[PDB]
4 protein chains.
Amino acid sequence: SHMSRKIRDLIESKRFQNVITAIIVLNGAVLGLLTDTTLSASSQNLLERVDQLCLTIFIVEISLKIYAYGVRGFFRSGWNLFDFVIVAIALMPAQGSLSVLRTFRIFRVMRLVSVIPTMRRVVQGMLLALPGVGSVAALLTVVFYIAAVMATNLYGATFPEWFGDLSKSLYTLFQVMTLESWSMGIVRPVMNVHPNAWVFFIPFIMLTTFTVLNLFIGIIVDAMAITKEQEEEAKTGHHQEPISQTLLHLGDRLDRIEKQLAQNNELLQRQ
Amino acid sequence: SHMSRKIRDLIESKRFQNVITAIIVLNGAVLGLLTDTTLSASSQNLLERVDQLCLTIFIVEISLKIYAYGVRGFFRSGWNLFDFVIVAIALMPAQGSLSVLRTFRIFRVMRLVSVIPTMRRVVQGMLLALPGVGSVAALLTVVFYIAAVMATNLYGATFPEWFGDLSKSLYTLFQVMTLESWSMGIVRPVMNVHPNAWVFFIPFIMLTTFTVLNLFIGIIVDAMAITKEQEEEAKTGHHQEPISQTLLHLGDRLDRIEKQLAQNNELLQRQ
Amino acid sequence: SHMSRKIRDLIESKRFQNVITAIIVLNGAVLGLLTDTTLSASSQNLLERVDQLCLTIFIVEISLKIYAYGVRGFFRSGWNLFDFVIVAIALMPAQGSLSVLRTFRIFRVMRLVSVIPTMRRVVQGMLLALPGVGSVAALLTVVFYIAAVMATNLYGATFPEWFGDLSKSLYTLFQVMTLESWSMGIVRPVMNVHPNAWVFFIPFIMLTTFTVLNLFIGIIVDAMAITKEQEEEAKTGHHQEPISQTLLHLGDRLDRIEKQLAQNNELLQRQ
Amino acid sequence: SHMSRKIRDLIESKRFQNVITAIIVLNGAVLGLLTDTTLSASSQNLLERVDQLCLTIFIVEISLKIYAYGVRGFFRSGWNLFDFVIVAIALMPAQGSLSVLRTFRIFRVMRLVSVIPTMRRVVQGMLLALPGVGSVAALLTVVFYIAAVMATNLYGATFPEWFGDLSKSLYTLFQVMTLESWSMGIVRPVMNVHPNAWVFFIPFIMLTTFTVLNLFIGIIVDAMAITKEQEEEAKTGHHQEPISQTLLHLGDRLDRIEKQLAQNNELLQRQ
Ligand SMILES: CC/C(=C(\c1ccc(O)cc1)c1ccc(OCCN(C)C)cc1)c1ccccc1
Ligand SMILES: CC/C(=C(\c1ccc(O)cc1)c1ccc(OCCN(C)C)cc1)c1ccccc1
Ligand SMILES: CC/C(=C(\c1ccc(O)cc1)c1ccc(OCCN(C)C)cc1)c1ccccc1
Ligand SMILES: CC/C(=C(\c1ccc(O)cc1)c1ccc(OCCN(C)C)cc1)c1ccccc1
Ligand SMILES: CC/C(=C(\c1ccc(O)cc1)c1ccc(OCCN(C)C)cc1)c1ccccc1
Ligand SMILES: CC/C(=C(\c1ccc(O)cc1)c1ccc(OCCN(C)C)cc1)c1ccccc1
Ligand SMILES: CC/C(=C(\c1ccc(O)cc1)c1ccc(OCCN(C)C)cc1)c1ccccc1
Ligand SMILES: CC/C(=C(\c1ccc(O)cc1)c1ccc(OCCN(C)C)cc1)c1ccccc1
Ligand SMILES: CCCCCCCCCC(=O)N(CCO)C[C@@H](O)[C@@H](O)[C@@H](O)[C@@H](O)CO
Ligand SMILES: CCCCCCCCCC(=O)N(CCO)C[C@@H](O)[C@@H](O)[C@@H](O)[C@@H](O)CO
Ligand SMILES: CCCCCCCCCC(=O)N(CCO)C[C@@H](O)[C@@H](O)[C@@H](O)[C@@H](O)CO
Ligand SMILES: CCCCCCCCCC(=O)N(CCO)C[C@@H](O)[C@@H](O)[C@@H](O)[C@@H](O)CO
Ligand code: NA
Ligand code: NA
Ligand code: NA
């Protein structure tokens, strides 16, 4: 239709992208000003109305996108669904979830990631890298669970604040893995009651700092490669062979050309 | 035999793998519930029986594997031997080892690594990467030993809690390497008695944080390459030339093709 | 002109570079001696005159460069503009800027980077790598802003020293990201009032340490590649195809040569 | 000569290498036992004689090497000179150096690095990687010097324990860079007197943690490549083109073969 065509042209324009970006920045700025308790009643009401105006602009934005692209076409993108969920949750009356309150309107600033394409590409690369590290993340989970059960049984009765139950142990083991007061704060006091506690905590530190770094490097390397390959696919329109596949078959390809070259030499020498 | 053939088909099936996985998860869950001291006598007896049921299911599992594959064939795999050692140690009466107690039944959760193939491949890659870093791990050991002897002689008499003997010094040097209260907790108090102690501790920190990162990066890079190469070997059935070998001979291979190409050009120009 | 030609030859000489380097080192040494409060009035006046002599040598240096290369030619280089700004700011009477004082004459030691070419190349590579990580740096900024607004609203009234306003929260969140007393100093005291505060702080730590490492690795890898490629461009005089571009088209290039090779074989077999 | 030939064969043998290794291990073990103050007078005299026996075995070892290889040939290797310096310093009466005492006989354990070839190769790779990072190490030195001068002038009078002079400031800035109590221990107390001190310390942390990681990654990547290339050179006897040189010319080489291939196709189509 003619109506949907001119709306899509407006939506896809750089100025529309800039308008939405400016309103996200403004909404973030007013929410940051609203953290200040010393403000007057009128100053607070003024910022609250600017928050309402920002929200209504986003409702118009999303509605234009659903009309212009269609319900199936809009919800086809995970980025648009994210944008829809962020805006539509603000107008949701009494939600049945295990949450304290929906006071976190500042999560609307996270739309800068979805609206700005350079930021969208960076986050996309990271998200695409996550399934590939699932096994490493599960190994860390297994180590934490085993260690938390052991720490609860070994030290729960003598150090109940740090290890009195499974929740307490998982928390202090996270603290131990981050190396935060692990010795002066946790393990030297524990060793005053349990002298060989270093046998538990030093291998736990060695294994978890290793695994976390492995997980992080795994995500970083993959995200960087995925992003680089997606940019090339976007530039040329052709499918990009992943680098690992190029490196794995590099030897196979070179020797095959060496063979085809030597047989062409064989056909050449005798003519 | 017909009996061993249908048992191997059952063992190798995805449902059998899922049954074993569910029982490991269940056993881990009941052991985690057993860390809670507030439970009733009957609640504890109930979970203890679920632990017994889980163990008996693993005894059947392993026995089916020894019968179906043979004693030589089963113990041919390091993964099956690990599975055997984890389950068989629970039925071992009075073991002669330098251990406090075999209360750590939670180590059974480590079977999730051996049973889940994606997790098995990740750990396998890491294990295969370890011999290759042996020299770096030995260099760190040498630095720790030298430093612990020096720290004991220099500071043992004035700081006996931290350096009074070799064990105490190795422990606080591990703490110093992890950067945990190294200055406010250890070196500023030491410098009040020994003003030039920074000459010992700052180079020790520089060398050990460097070496640890070197060891960790070495393992991560190798494990990632080993895993990638093993997957390709499993997919195609052909031996995968290691990437380092492809990169080392890349120059040699390209110039050899350049030479074979130029001589084919030489045979072509004059005919 | 003959005057500008002999001045440029003098400027470009290794001895002129060594003279300037020696004066920067000397100026840095006298400023370091001037930090000592126990010095006599005459000792202080003596060093202050050596600081004046060093500054006057730099005024001559820069003036020779503007005359020899021309106003347009000198200010064409970002390195020369930096050198000009560092020296010319010392002779600036009453500047209108949001600064306490221009006592930081020690920033003149930063000229060692611009004057020594090996150091200039290293910093240049790093600077050229910065625009490419802009999106990651902006993602970290967004996470810090969102988290600081949340932390101010959640914990400002009960923990005003750490979260009483946006500035206070950004500061303690930076401290939390660096893992400095995050648990014993900040989150365990906060959890005594807000028991589920770990839900906020543990994901904040996981996301920001990850993003910072991503930003740092991104800069390091790019700077290393940019430097390596610029050296090759300087050595040969030919434009260096970036490594990513060589790796992305490696597969495309190899199969194209395989195809050209097979058709040459096809023309050869039938003659 | 016949005497030097049979001595070199003995020196180069695996058993001779194993004898020397065993004596280094033994010497290290006795020095570690000598750190214990509770030992008897006779127990101490016994270990001291085993230290003397170990030293005399090393004097024989080195003397056999100088005779068998020649003064010029032995001192041609940096590894042999290191071995000579470590052993010969023990027999040096009254040395004129800025040292407290030559009690550090435990540095003899560092010979495990020189005697064991796998360990020698690892350290060699690291040492060869150091000149290449000289510029990054100098940039960190410049940042530390500038920051130490600034910190001394800004905070020396109000925080003299941490910044009272240049030495004190360099020490606490090293502590700040390692993130050790940087905020709770140093910067929050400083900000109580100087509210904008975060403007100095947060950029200092960002720049130095970045530079240190850059220096460390630079050494790790280079050492790994140098080692891999030296092994290949040792295996084949042929000079190994560095990987960076192979990667820089990969594009140049591939297009040159594409060109030589297309002209061979041109000579083929028309015959
Ligand atoms: C092609 C990108 C890619 C991987 C990749 C990216 C960059 C790179 O340098 C190398 C590979 C990839 C492939 C396999 C992989 O395996 C890890 C094990 N998983 C299955 C638990 C991880 C990433 C991938 C990611 C998710 C699903 C499928 C493929
Ligand atoms: C040696 C090149 C390499 C990989 C590689 C090895 C052989 C091969 O034929 C192709 C590539 C590499 C790159 C990515 C990779 O991703 C898997 C990530 N996991 C942790 C999810 C694995 C190996 C690599 C490893 C670690 C960091 C950076 C690069
Ligand atoms: C082929 C895999 C491999 C190595 C490798 C893997 C990935 C990669 O990118 C490069 C190499 C390997 C080879 C040599 C090596 O030497 C270190 C020194 N050791 C002997 C102390 C380490 C790993 C290896 C591992 C153990 C034994 C033999 C070979
Ligand atoms: C530059 C590519 C490279 C290596 C390489 C260099 C030259 C060559 O011809 C082939 C590969 C590299 C990769 C692995 C490696 O493993 C040894 C691990 N040690 C620490 C056990 C060494 C170099 C590399 C080095 C560090 C991290 C990631 C990659
Ligand atoms: C050619 C160097 C380069 C990049 C590069 C360097 C080394 C390397 O191994 C790979 C690439 C480069 C290219 C793209 C890039 O994208 C990140 C996203 N930005 C746009 C936010 C970053 C660096 C680059 C840097 C700035 C502008 C343009 C190009
Ligand atoms: C796997 C090789 C690789 C990159 C690569 C992947 C595919 C390809 O065709 C070419 C190169 C790589 C290198 C640099 C890079 O820079 C982007 C930096 N961002 C974070 C600004 C991206 C990928 C890489 C990734 C992480 C660390 C080191 C190397
Ligand atoms: C060939 C090894 C090498 C370098 C290298 C090693 C591995 C790798 O992946 C890439 C290069 C090398 C080359 C240049 C370099 O420049 C840094 C700047 N210096 C001059 C301050 C560093 C290392 C080198 C080291 C010292 C002197 C000369 C060359
Ligand atoms: C992208 C491949 C690469 C380098 C590279 C880029 C282009 C090229 O043609 C060849 C190689 C790389 C490798 C080593 C290197 O060493 C310099 C070390 N400095 C810090 C002393 C520089 C770039 C690299 C960069 C960082 C980590 C691992 C690998
Ligand atoms: C991948 C690792 C993931 C670690 C996840 C940790 C979650 C456990 C934290 C939690 O749910 N708590 C109950 C919340 O009610 C525990 C904390 O409250 C407790 O540990 C202490 O902070 C003190 O309150 C008691 O000393
Ligand atoms: C690669 C690095 C590996 C470091 C290994 C450290 C092991 C040494 C620990 C040990 O065996 N102890 C004896 C156990 O009885 C020492 C601890 O007990 C002691 O250091 C303190 O914690 C206090 O108890 C005394 O102040
Ligand atoms: C990318 C992350 C960037 C973080 C940037 C932090 C800047 C905020 C610091 C600031 O401007 N302050 C006001 C300066 O007047 C705050 C500090 O003063 C305050 O947080 C405390 O240090 C105490 O003074 C109060 O308890
Ligand atoms: C690349 C970074 C290199 C940092 C190098 C630091 C060397 C400076 C240490 C030094 O020489 N001191 C004098 C030694 O006499 C200083 C210490 O003594 C002093 O800072 C404190 O520890 C206290 O003694 C006073 O509060
Ligand atoms: Na740390
Ligand atoms: Na810390
Ligand atoms: Na820390």
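Naming convention: chains lettered A, B, ... in sequence-line order (proteins, then strands); numbering from 1 in each chain. What's counted below: heavy atoms across the whole structure, side chains too, no hydrogens, waters or symmetry copies. Ligands are counted one by one from 1 in listed order, and the atoms in each one are counted from 1 as well.
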### Options AZD5363, FT-2102, 4-hydroxytamoxifen, GM6001 for ligand 5
4-hydroxytamoxifen
### Query
Which polymer chain has more close contacts with 4-hydroxytamoxifen (ligand 5) than any other, using its name in the PDB entry?
Ion transport protein
#### Entry: Chains contacting 4-hydroxytamoxifen (ligand 5) (heavy atom, under 4.0 Å)
A, C
### Message
Do you know the source organism the PDB entry gives for chain C?
### Response
Magnetococcus marinus MC-1
### Query
Which other ligands or ions lie under 4.0 Å from 4-hydroxytamoxifen (ligand 5)?
ligand 6 (4-hydroxytamoxifen)
#### Entry: Heavy-atom protein neighbour under 4.0 angstrom from atom 29 (C) of 4-hydroxytamoxifen (ligand 5)
no
### Verify atom 13 (C) of 4-hydroxytamoxifen (ligand 5): protein non-hydrogen atom under 4.0 angstrom away
yes
### Query
For atom 17 (C) of 4-hydroxytamoxifen (ligand 5), which protein heavy atom lies nearest, and how many Å away is it?
C/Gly132 O, 3.2 Å
### Task
Return yes when at least one protein heavy atom is under 4.0 Å from atom 20 (C) of 4-hydroxytamoxifen (ligand 5), and no when none is.
no
### Query
Nearest protein heavy atom to atom 10 (C) of 4-hydroxytamoxifen (ligand 5): under 4.0 Å?
yes
### Task
Starting from atom 26 (C) of 4-hydroxytamoxifen (ligand 5), find the nearest protein heavy-atom neighbour and note its residue, name and distance.
C/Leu128 O, 4.1 Å
### Message
List 4-hydroxytamoxifen (ligand 5) atoms under 4.0 Å from C/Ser244, heavy atoms only on the residue side.
### Response
8 (C), 10 (C), 11 (C)
### Task
State whether any protein heavy atom lies less than 4.0 Å from atom 3 (C) of 4-hydroxytamoxifen (ligand 5).
no
### Task
Check whether any heavy atom of C/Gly134 sits under 4.0 Å from an atom of 4-hydroxytamoxifen (ligand 5).
no
### Message
Tell me the contacting part of A/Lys228 for 4-hydroxytamoxifen (ligand 5): side chain, backbone, both, or neither, using a 4.0 Å heavy-atom threshold, strictly below.
### Response
side chain
### Message
What protein heavy atom lies closest to atom 7 (C) of 4-hydroxytamoxifen (ligand 5)? Include the residue and the distance to one decimal.
### Response
C/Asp222 OD1, 3.2 Å
### Query
Heavy atoms under 4.0 Å from 4-hydroxytamoxifen (ligand 5): which residues of other chains qualify?
A/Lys228, C/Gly132, C/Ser135, C/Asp222, C/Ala225, C/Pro242, C/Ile243, C/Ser244
Report each N/O pair between 4-hydroxytamoxifen (ligand 5) and the protein that falls under 3.5 Å, naming both atoms.
| residue | atom | partner | partner atom | Å |
| --- | --- | --- | --- | --- |
| 4-hydroxytamoxifen (ligand 5) | 19 (N) | C/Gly132 | O | 3.4 |

